[PDB]
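Structure, salicylamide included.
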Amino acid sequence: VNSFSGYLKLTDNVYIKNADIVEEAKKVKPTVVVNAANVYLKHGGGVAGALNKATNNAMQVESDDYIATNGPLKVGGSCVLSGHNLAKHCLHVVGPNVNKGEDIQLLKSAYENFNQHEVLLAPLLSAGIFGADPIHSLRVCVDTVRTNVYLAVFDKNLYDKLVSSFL
Ligand SMILES: NC(=O)c1ccccc1O
């Protein structure tokens, strides 16, 4: 049993809810919250900007030190950093950004990072301002992630379309 509440069960391991991931993280304090990161860990907008704002910019300060030491992530890659006030850990995962022309086949590689963690609170990778089709992102998630994933979908209209169209 875990603390996640109000989710619709899509599969054995994937759950979904219309929720603000920031508000969900603050309530649950999950072991892992996933950030929709870019390779520079520049948390300007979308999910990343919202998570970073909720940490009072501490996520960005930590991320800048990580990049200064290690250099940029790979598209499809990840790193584990602090979850600050939101979670124990933040798994920063880089899905491909269609608005930068990145290979959508890298979305499966991005979701494979989730398999290193038994339970996660996450957004749909490459959705929102990353430009991918969220229906596609949910299909790749279900077909790639084997660990238990709780997906937060900010937009109620999109949530209802994801559920209604789910195969
Ligand atoms: N998932 C989001 O994009 C988000 C979440 C909280 C506040 C602003 C936001 O844009």
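Here chain A follows the PDB entry, giving residues 3-169 in order. As the structure lists them, so they are numbered: ligands from 1, and atoms in each ligand from 1.
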Which ligand entries or polymer chains correspond to salicylamide? ligand 1
Count heavy-atom pairs within 4.5 Å of salicylamide (ligand 1) for each chain, then name the one with the most as the PDB entry does. Non-structural protein 3
May I ask you to identify the nearest protein heavy atom to atom 1 (N) of salicylamide (ligand 1), giving residue, atom name and distance to one decimal place in Å? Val49 CG2, 3.4 Å
I'd like to know the UniProt domain of chain A that holds most residues touching salicylamide (ligand 1), can you help? Macro 1
Give the residue and atom name of whichever protein heavy atom lies nearest to atom 6 (C) of salicylamide (ligand 1), and the separation in Å to one decimal. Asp22 OD1, 3.2 Å
Considering only non-hydrogen protein atoms, determine which one is nearest to atom 4 (C) of salicylamide (ligand 1) and report residue, atom name and distance to 0.1 Å. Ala52 CB, 3.7 Å
Give the source organism of chain A as stated in the entry. Severe acute respiratory syndrome coronavirus 2
Check salicylamide (ligand 1) against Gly48 and write out every atom of the ligand that is under 4.0 Å from a heavy-atom position of the residue. 3 (O), 10 (O)
Mind pulling out the residues near salicylamide (ligand 1)? I'm using a 4.0 Å cut-off on non-hydrogen atoms. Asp22, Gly48, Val49, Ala52, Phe156
